[PDB]
Chemist: 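Pulling up papaverine bound to 3',5'-cyclic-AMP phosphodiesterase 4D for a closer look.
For reference, chains are lettered A, B, ... following the sequence lines as listed. Just so it is clear, chain A uses the PDB entry numbers, and the residues here are 85-409, in order. What you see of chain B is 85-409, where the numbers are those given in the PDB entry. According to its header, this structure was worked out by X-ray crystallography, 2.8 Å. In what follows, every heavy atom counts, from backbone to side chain, and hydrogens, waters and symmetry copies are set aside. Each ligand, and each atom within it, is numbered from 1 in the order the structure gives.
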There are 2 protein chains.
Amino acid sequence: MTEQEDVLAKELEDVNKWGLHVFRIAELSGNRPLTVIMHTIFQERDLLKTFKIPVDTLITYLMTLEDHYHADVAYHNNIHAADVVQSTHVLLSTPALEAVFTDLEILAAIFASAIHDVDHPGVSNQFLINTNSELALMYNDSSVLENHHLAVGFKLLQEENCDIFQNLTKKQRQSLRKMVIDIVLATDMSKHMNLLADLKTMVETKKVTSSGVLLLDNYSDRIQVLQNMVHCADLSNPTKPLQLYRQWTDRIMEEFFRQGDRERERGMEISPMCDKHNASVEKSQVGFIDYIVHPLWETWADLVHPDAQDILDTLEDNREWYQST
Amino acid sequence: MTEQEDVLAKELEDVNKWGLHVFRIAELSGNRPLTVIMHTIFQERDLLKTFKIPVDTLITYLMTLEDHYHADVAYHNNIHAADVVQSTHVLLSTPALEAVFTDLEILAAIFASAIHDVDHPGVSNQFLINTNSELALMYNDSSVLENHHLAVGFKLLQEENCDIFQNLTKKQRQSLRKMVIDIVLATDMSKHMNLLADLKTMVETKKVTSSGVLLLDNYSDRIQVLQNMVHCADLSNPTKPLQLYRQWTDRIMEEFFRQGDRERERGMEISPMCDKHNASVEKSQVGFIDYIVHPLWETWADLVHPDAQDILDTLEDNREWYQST
Ligand SMILES: COc1ccc(Cc2nccc3cc(OC)c(OC)cc23)cc1OC
Ligand SMILES: COc1ccc(Cc2nccc3cc(OC)c(OC)cc23)cc1OC
Ligand SMILES: [Mg+2]
Ligand SMILES: [Mg+2]
Ligand SMILES: [Zn+2]
Ligand SMILES: [Zn+2]
């Protein structure tokens, strides 16, 4: 009813490609991008049958997960969530990683992406520490939000008909949890430097087949790749078509400025990039690429050579655009 | 009223010596050893005046802290708490560490010792993980209890007239919290191997004055010593006079067997040393000394040479006693 009419279905076909219009999907789905993109990817990778997950349990979980993301939060919301999911899903399919990961590992990274920012208040760990918040007390000033994201994402499974893992062996369920925790905790931005250093080391001693597919025998190497993958997905805004990048930039500044406002009314030191009266959005983005995003993606490109070549070029293009204006 | 009459005051004079009868103090204080030993040490080190802490706030906090330890728990209770406090307090006074630590650092280690096991349910992290408990969900299967001890110990400050840190500069309060967190998290037994390795390295590159006092210029080295100190205090039962050691052994077995019971009724793999039908208390203690306690204390003795010589001899004596019976 008909084919050109349900535009949602039509847009959901670009799910396998880097540059999917996630905002369009957000709008057409009724501010429910995370649910529809998850279910598409789950069907696309057959995961419902592979792990005997009923569809009406999957739906019920995703609905509640999506609810527990905050709609009124500019950047760290359900859209960004769906963005990172979809981005992970694409990176899971680059040539150099074919058949490398098991269904369970794949499942872990997607689920990890799905929950990785849930219940985000729209302020940084440091703000939660400095304001002596409930959560920073709860988690002793270390990976405060990342810990809370995992707690929320996992607890929601206990909700009325929400256990998407119900029909898994304890061995699987325990392995999955181990992996999901390891990934989400790596999304903490204060770990970025170690992750990158670790990823650089892995590039030097990488093992590839005649085809050019990566050899990762041990869990230790595999989980590290997944950690970096979702971290890259988390920092992928500047690698998307400029049209999307600029909207992601608008949302991150609106959220940053909201924090800096609260920091101002409390008489605290205003956090970098949070002062709207000392703003330089464009120069900030150039810096963000030059010291965070580009060094990361260049190292990711080395690992999957040369699958991330288009991604890397787009980045250096967008870098030049923000340098120009 | 009189001097030989208040036996509590008389026993509280042995506070500065290794081998204080903590059980006697527990009984004479009305099952309130932690409060009375803390207040003695605080007065002994003048800390109330040095940090402008009012006495009736100190009392009110210690009362509530002591309450939040579980009396019905055989080993991980308020007595063990007071034991570890008192043991830390003694180790803080060995020749080789004179004037090494600041009042704030000293305060941190004692407070750390005081709270390090609060609200302990009497089961291990692993049990809390394997039973999918609230806390393991809350803290994502890593340092579960240690995290919870810190949370509880710190939250109780917010209670009606309990803020013992009220009259501290933000700079101090923030430094203290940083230190207290670092210490308590090191009490996690799964970290033992790293702590020991780290301590061994520190022994090799140790710097001492002509007097024979340790030189620790940076925070990095200082906090590491405090971490090991409280960890040693936590594993000091076998270094005490046999009279006390054997009671600590009775309490740890009663608690272990209570867990193994619960594990049995749930149909789980019974944890090492928790099966009362496959028990070998004496042989277990010999092993505990040979692979955990002695390797740790030998390394601690090297660091403070030769201050821990009596401690080390007593250990090897008690080792021989459990080997004999
Ligand atoms: C490790 O370095 C950082 C990493 C992340 C941030 C904050 C942040 N988090 C997630 C997505 C972001 C996305 C951004 O641009 C779209 C951005 O602009 C600088 C900051 C972002 C700040 C950082 O400090 C410069
Ligand atoms: C790192 O190794 C361990 C450390 C601690 C434990 C459990 C434990 N915790 C605190 C105090 C203890 C005190 C004990 O003896 C009094 C004891 O007996 C083996 C076990 C104890 C078990 C361990 O496994 C063998
Ligand atoms: Mg995050
Ligand atoms: Mg403990
Ligand atoms: Zn994110
Ligand atoms: Zn303890």
Chemist: Got a sec? Need all the ligands or chains for papaverine.
Modeler: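 In this structure, papaverine can be found at ligands 1 and 2.
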Chemist: In this structure, which other chains have a heavy atom at a distance under 4.0 Å from papaverine (ligand 2)?
Modeler: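 Chains with a heavy atom under 4.0 Å: B.
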Chemist: What residues, by chain and number, sit within 4.0 Å of papaverine (ligand 2) when only non-hydrogen atoms are counted?
Modeler: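 With non-hydrogen atoms counted, the site is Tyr159(B), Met273(B), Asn321(B), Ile336(B), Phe340(B), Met357(B), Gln369(B), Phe372(B), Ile376(B).
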Chemist: Would you mind pulling out the UniProt 3',5'-cyclic AMP-binding residues of chain B that have any heavy atom less than 4.0 Å from papaverine (ligand 2)?
Modeler: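 In chain B, UniProt ones with a heavy atom near papaverine (ligand 2): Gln369(B), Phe372(B).
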Chemist: Which domain, as defined by UniProt, of chain B contributes most of the residues in contact with papaverine (ligand 2)?
Modeler: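 According to UniProt, it is PDEase.
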Chemist: Help me out: which active-site residue from UniProt for chain B lies closest to papaverine (ligand 2), and what's the least heavy-atom distance to 1 Å?
Modeler: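 Heavy-atom minimum to the UniProt active site of chain B: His160(B), 4 Å.
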Chemist: What UniProt-listed AMP-binding residues in chain B have at least one heavy atom nearer than 4.0 Å to papaverine (ligand 2)?
Modeler: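 Of the UniProt AMP binders, heavy-atom contact within 4.0 Å holds for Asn321(B), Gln369(B), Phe372(B).
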Chemist: Which other ligands or ions are positioned less than 4.0 Å from any atom of papaverine (ligand 2)?
Modeler: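 Result: none.
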